[PDB]
Asker: 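Okay, here's the structure, questions in a sec.
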Amino acid sequence: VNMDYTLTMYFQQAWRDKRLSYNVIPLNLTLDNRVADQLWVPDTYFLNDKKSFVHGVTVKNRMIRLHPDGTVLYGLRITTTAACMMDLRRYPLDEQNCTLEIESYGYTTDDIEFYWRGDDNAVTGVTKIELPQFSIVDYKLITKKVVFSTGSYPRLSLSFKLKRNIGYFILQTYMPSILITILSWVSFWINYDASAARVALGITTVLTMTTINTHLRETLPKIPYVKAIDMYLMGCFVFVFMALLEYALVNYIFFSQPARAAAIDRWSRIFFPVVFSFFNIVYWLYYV
Amino acid sequence: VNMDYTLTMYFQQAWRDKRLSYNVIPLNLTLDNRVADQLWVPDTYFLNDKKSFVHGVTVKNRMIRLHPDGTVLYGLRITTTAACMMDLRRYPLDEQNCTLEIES
Amino acid sequence: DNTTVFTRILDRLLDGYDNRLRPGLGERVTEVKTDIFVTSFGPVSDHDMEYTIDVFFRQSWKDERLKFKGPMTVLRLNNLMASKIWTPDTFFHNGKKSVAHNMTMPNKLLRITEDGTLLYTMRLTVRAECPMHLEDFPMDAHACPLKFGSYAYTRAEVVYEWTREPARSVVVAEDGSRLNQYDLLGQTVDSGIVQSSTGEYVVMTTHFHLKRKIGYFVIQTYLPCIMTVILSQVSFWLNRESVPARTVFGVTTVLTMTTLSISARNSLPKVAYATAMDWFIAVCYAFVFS
Amino acid sequence: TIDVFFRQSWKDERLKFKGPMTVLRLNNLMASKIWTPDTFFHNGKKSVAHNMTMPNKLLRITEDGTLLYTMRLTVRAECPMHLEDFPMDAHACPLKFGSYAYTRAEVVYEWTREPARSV
Amino acid sequence: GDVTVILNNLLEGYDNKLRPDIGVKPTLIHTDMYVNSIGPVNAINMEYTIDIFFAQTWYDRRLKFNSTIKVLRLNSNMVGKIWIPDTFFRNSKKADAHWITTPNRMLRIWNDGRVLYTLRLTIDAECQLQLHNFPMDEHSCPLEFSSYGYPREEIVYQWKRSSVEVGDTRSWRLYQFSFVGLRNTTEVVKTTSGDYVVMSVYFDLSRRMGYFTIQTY
Amino acid sequence: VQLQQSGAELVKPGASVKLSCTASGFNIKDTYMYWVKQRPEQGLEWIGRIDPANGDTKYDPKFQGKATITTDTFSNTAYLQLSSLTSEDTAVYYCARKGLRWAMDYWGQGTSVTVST
Amino acid sequence: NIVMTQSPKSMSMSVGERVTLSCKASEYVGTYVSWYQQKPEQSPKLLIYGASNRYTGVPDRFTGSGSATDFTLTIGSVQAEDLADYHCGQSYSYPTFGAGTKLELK
Ligand SMILES: *[C@@H]1O[C@H](CO)[C@@H](O[C@@H]2O[C@H](CO)[C@@H](O[C@@H]3O[C@H](CO[C@H]4O[C@H](CO[C@H]5O[C@H](CO)[C@@H](O)[C@H](O)[C@@H]5O[C@H]5O[C@H](CO)[C@@H](O)[C@H](O)[C@@H]5O)[C@@H](O)[C@H](O[C@H]5O[C@H](CO)[C@@H](O)[C@H](O)[C@@H]5O)[C@@H]4O)[C@@H](O)[C@H](O[C@H]4O[C@H](CO)[C@@H](O)[C@H](O)[C@@H]4O[C@H]4O[C@H](CO)[C@@H](O)[C@H](O)[C@@H]4O[C@H]4O[C@H](CO)[C@@H](O)[C@H](O)[C@@H]4O)[C@@H]3O)[C@H](O)[C@H]2NC(C)=O)[C@H](O)[C@H]1NC(C)=O
Ligand SMILES: *[C@@H]1O[C@H](CO)[C@@H](O[C@@H]2O[C@H](CO)[C@@H](O[C@@H]3O[C@H](CO)[C@@H](O)[C@H](O)[C@@H]3O)[C@H](O)[C@H]2NC(C)=O)[C@H](O)[C@H]1NC(C)=O
Ligand SMILES: *[C@@H]1O[C@H](CO)[C@@H](O[C@@H]2O[C@H](CO)[C@@H](O[C@@H]3O[C@H](CO)[C@@H](O)[C@H](O)[C@@H]3O)[C@H](O)[C@H]2NC(C)=O)[C@H](O)[C@H]1NC(C)=O
Ligand SMILES: *[C@@H]1O[C@H](CO)[C@@H](O[C@@H]2O[C@H](CO)[C@@H](O)[C@H](O)[C@H]2NC(C)=O)[C@H](O)[C@H]1NC(C)=O
Ligand SMILES: *[C@@H]1O[C@H](CO)[C@@H](O)[C@H](O)[C@H]1NC(C)=O
Ligand SMILES: *[C@@H]1O[C@H](CO)[C@@H](O)[C@H](O)[C@H]1NC(C)=O
Ligand SMILES: CC(C)c1cccc(C(C)C)c1O
């Protein structure tokens, strides 16, 4: 709906400041985090960030650590909602690619350089992440430069590949639709002289398919293209509408030629499930 | 759904501070609210409150008033969401009891 | 030792400096050149009649009190320097609730050229009003404005101008489309004067031209209504003795039309006039009832 | 969600005093001038340190240099739930805390009473 | 230049904790409002949104200065250095000032000590609606303000002739309602801490019977 | 405040000419400098513009490759050099600066070059 | 490129009457249109900058009016020293000018 994702991380930046060098004390110095206010820190920002904060309980969750040669380690605990524009044409059988863009706001490549410390092991905890609807397939670290009217700036990119889990959607939208289509087929076994019963079956199934999407459409935003799930629902509607049209056809030739009526009834009995099986095979082969 | 209620109130506390006593001027001195940051005020809180704030438009909605005998009057305009767990067995024909606890 | 040299340059700059006064206060109108780089053009909320936009808002002006001569020609300073000097008090006239980003640090840059020129850019998320006339919904198009200018300074003190050619001054990144049911056709700019009880003020305007995309409402509304009408018409090919069957047909299609109208009236805000979609649903209901 | 009085106590021999009182009961304002631990919750999401009408904190210094530091907090914390037995399921929701910057060689935590009686 | 020495002289020995004429006579404050927009009317929470420019004028003879300059025109930078009246809105559920890109505030000081202070505000104000006759229901929604800590003996507010000004009214966010008109009033309310001058603006809003027609009738 | 252009020119075809424009009363870095041309008894036609603070230049697609604009920020001058001028390049060449609302408020005096024998 | 069409090509106004000169643009030019006056043997002088702004020191009889694509220069009292061509130019994009409008006197 919001085309974004929230992530919590420990974000550590290390650099060297010869001004902060000391040769009397031989041990590393973990300082009270407030001293960060009195030190220079790089003006790192996230371009696709919409809302962020450093955690403040019980104090501001930040670490400042000096070493004798002057290297500063500076850590923040950041929760950020970053924007991730998703392509939902294959939803819910889709894979997304969500990025975090780490940039320097004021300092160009003449003032500051960015690199991943470890350069592949710089990001930990990706395999220990349990998303209820997604599975992380891959993550990538990128080091590049961007150019704006004000100069060229260093940038790091952290991207995740997200494959959606379809079990919830099997239980939410697909199985009700399959069951309603089979319920629609049930009418082919009622005798064609019974008009109220077959009309009730057909009308109920057609209208239930036409209205079942309201339950599911709320989660999605207002996109102008057909998703995979909409494709499945429209196929089920076509099948149910064709079952009702078969009933109308049999009822139109019933008082004049009941032989062809029973022939069409048996043909429908055998062939509606066959072509629905073919439709499902084609659908799940095109998308899975 | 949340088992709480929102309450907006003028909350005033009055005490006596001998250090802030005067006789030169016979007036009650209403001062700019900033001076509250330089006086001792009691550490009053509400135990059953979930989210609160003092209003701040156009300035912070609070009052400090001095009295020649030393009486400090200290008011705050506070909106607080306070928890109220409800027994809903007789709902919708029910009576609820909702409290605000004021502690030091 | 550049540390002490540059610290002395900065302390010389800020010594005797009064940030309460604009540059050229007694003898010159402060010229502020501005440009906007939109990094993303966020979603449009027709319910709130507002839109989001993410911008590098760039301003530039001359301040002779900050002339320096040293081993470099431009100081790329921290954001904390900006609070010590005078900056323009630009605000968005039609802006509702905008955010200046502070993560990890204030998203601001200040640059001072040796001749006293100042470049001051900030990263903002501007939420702005866009009054939409939804009479042709969902085939409507809008021009969402963004108006900014000074709050305290009339035109005799501070004027605003586009830093480049007006047609090249508001630039939208090619990747920055967070729109879902709209297309950004383009932008236009303009400059003018408003009048209030406190004087005459320069106002700078941008219009972003949006065209609503119809796919969601075809998939969700128009196709169900058309198929309900077709189902209503199927009833004419049934035997005249099937009175319960055709009664079911008629009443279920009429109720389905009512359901679809009720559910389609929620995609819109609660406007007080009828839209193209409303007229289409009304005509479909007329067909089913007929 | 959980609402807690979170109490910490440590020894700072720099703060020993001798006077007519054995304990100084100071407001939240004094705790800002001294060193306090940087305790955070590991599975916390977005917590609140209540400050109405004043910061709901309390500092107390005993003459031997022992500090008691109490705060009122509202913590939202992650509880990963396995819902296979829903709605007949049971969970153990965790609340993990510790120091943000000081490693085991610098700051250790302990329960003030017997562990079974400390929460 | 010379404005710097004027500003330095005005703020020397200046106590912003004391209102002008603190033990002599009440401070008289003239108020103006410009309504940029009367926002949505939420009928389930009994409130309406409104955006305004709020202007206050008074006299502070500590700020009097003799110069060739007739009026000093300043931004927010000095608002916190002089005495400012503690005006607040009595029926606001929540309200906020504007801070993008800087505090949307303006100060002006004339040589006779006259001070004009303006700021942009967005207010959610409670409006108790009597929803009998809905959807043909008309209401008067109030906006009430007064000083928080200075009673009538210390601060008095007064509307100018040209006090409350609305704009085009077509770009507003009133979908279900139409703006009829407005009036102003001034009263004295007695509270637990004294008697206070209370200013009110009443906005008349009549519900539009075009949405509920299509939706229900 | 003042713009002063070079004297009239008499340039045989095929050669390359260079006209100058000296500014007095302002620094050219604080504005854009435009070069316009005007054929006798016709309208104005914009040749190019330069931003002296950065050296960035723009030209009409008509005069790209024919003309080249540069600046001297010390002498406070702008230069328009017409390298490959044909015989049809006989006009008065004006030097202007960007003004209040992107208007050309101050103009030069006009260097009328001649291309003949 | 934005073409500025100025009209008419020639006007002959007797001393004292009102005159209106028109300029149109093919594309949008918001208010960045300028009106210049050119007497013979002289360089253009900025009369109107933007739409409807009298440039400092020009006679108060000249007025400008404009739109997104339609602009007019009006001389309310055509005096004798207006023996000058008049030019219209847009500055919304890279500047382009009109063809000119020679004002005569019968
Ligand atoms: C419980 O805890 C809560 C959390 O801590 C606490 O809330 C906090 O309260 C404090 C104090 O009440 C708030 O601090 C004040 O904030 C005022 C502005 O508030 C709005 O803006 C802040 C964000 O502020 C940034 O933006 C403004 C304007 O752009 C800047 O002026 C700020 O400095 C600050 O800029 C930094 O951050 C930016 C990113 O945001 C960066 O880009 C930038 O570069 C800077 O780094 C919002 O957070 C506020 O939202 C909250 O409050 C509203 C209230 O309605 C709520 O509705 C909302 O939900 C939020 O809760 C709000 O929107 C400041 O104006 C104010 O500072 C002035 O006053 C103090 C006191 O005198 C001075 O010390 C200070 O120096 C300032 O005075 C100078 O500036 C004014 C102009 O504003 C001048 O007129 C004045 O003369 C003076 O100038 C002099 O000094 C200048 C130096 O500053 C100098 O430059 C001049 O030249 C001159 O010499 C104060 O900081 C804090 O924001 C609250 N935070 C939150 C999260 O609520 C709550 O109160 C506690 N409760 C209790 C009961 O205790
Ligand atoms: C945006 O981020 C910046 C930097 O992360 C924040 O600036 C910091 O603000 C705090 C609190 O206002 C400053 O601490 C203060 O220090 C003074 C002494 O200088 C002390 O008197 C106060 O009690 C308080 O502790 C801190 O120095 C300052 N740091 C820097 C580098 O400017 C800013 O507050 C953030 N804005 C928001 C709205 O969060
Ligand atoms: C998710 O999306 C991002 C964004 O497209 C993907 O990152 C892209 O990764 C490729 C290969 O890793 C990069 O291409 C490489 O560029 C370097 C530049 O030096 C070149 O040397 C290589 O030969 C290769 O072409 C590409 O630049 C990068 N995209 C951006 C915008 O930087 C990412 O692979 C996607 N998937 C995952 C799992 O992250
Ligand atoms: C706003 O309030 C002012 C002051 O109360 C009103 O001003 C009066 O205007 C009428 C004109 O209708 C004059 O006859 C009175 O003499 C004015 N009173 C004063 C004290 O000057 C004004 O009418 C109000 N505006 C409204 C109600 O819309
Ligand atoms: C400081 O830290 C570094 C890296 O963590 C380590 O190699 C070094 O031994 C430490 N110094 C001391 C004195 O422990
Ligand atoms: C001062 O305040 C007290 C509060 O009870 C009141 O009784 C008294 O009259 C006030 N004095 C003056 C001079 O208003
Ligand atoms: C809502 C959408 C996915 C949908 C589902 C089923 C049938 C239809 C039409 C073709 C009646 C339809 O538009």
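Per chain, numbering begins at 1; letters A, B, ... match sequence-line order. The displayed model is a subset of the deposited entry, and contacts were enumerated within the subset. In each ligand, atom 1 is the first atom listed, and ligand 1 is the first ligand listed.
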Asker: Specify the drug or drug candidate at ligand 7.
Answerer: propofol
Asker: Please name the chain that forms the largest contact set with propofol, as given in the PDB entry.
Answerer: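 It is bound most extensively to Gamma-aminobutyric acid receptor subunit beta-2.
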Asker: If a contact means heavy atoms under 4.0 Å apart, which other chains contact propofol?
Answerer: A, C
Asker: What residues sit within 4.0 Å of propofol, counting only heavy atoms?
Answerer: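 The heavy-atom site around propofol is A/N213, A/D230, A/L233, A/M234, A/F237, C/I219, C/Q220, C/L223, C/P224, C/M227.
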Asker: I'm curious, which organism is chain A from according to the PDB?
Answerer: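 For chain A, the PDB records Homo sapiens.
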Asker: What atoms of propofol come closer than 4.0 angstrom to any heavy atom of C/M227?
Answerer: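 So the atoms of propofol that pass are 11 (C).
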Asker: Check propofol against C/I219 and write out every atom of the ligand that is under 4.0 Å from a heavy-atom position of the residue.
Answerer: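 Every atom of propofol under 4.0 Å from some heavy atom of C/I219: 1 (C), 2 (C), 12 (C), 13 (O).
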Asker: For atom 8 (C) of propofol, which protein heavy atom lies nearest, and how many Å away is it?
Answerer: A/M234 CG, 4.2 Å
Asker: Would you mind telling me which transmembrane segments of chain A have a non-hydrogen atom under 4.0 Å from propofol? Number them from the N terminus as in UniProt.
Answerer: 2, 3
Asker: How does the deposit identify chain C by name?
Answerer: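 According to the deposit, Gamma-aminobutyric acid receptor subunit alpha-1.
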Asker: Which protein non-hydrogen atom lies closest to atom 9 (C) of propofol, naming both residue and atom, and how far is it?
Answerer: C/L223 CB, 4.0 Å
Asker: Output the list of atoms in propofol that are nearer than 4.0 Å to some heavy atom of C/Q220, sorted by atom number.
Answerer: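 Every atom of propofol under 4.0 Å from some heavy atom of C/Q220: 1 (C).
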Asker: Would you tabulate the polar-atom pairs, meaning N/O of propofol against N/O of the protein, with distances under 3.5 Å, reported to 0.1 Å?
Answerer:
from	atom 1	to	atom 2	distance (Å)
propofol	13 (O)	C/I219	O	2.8

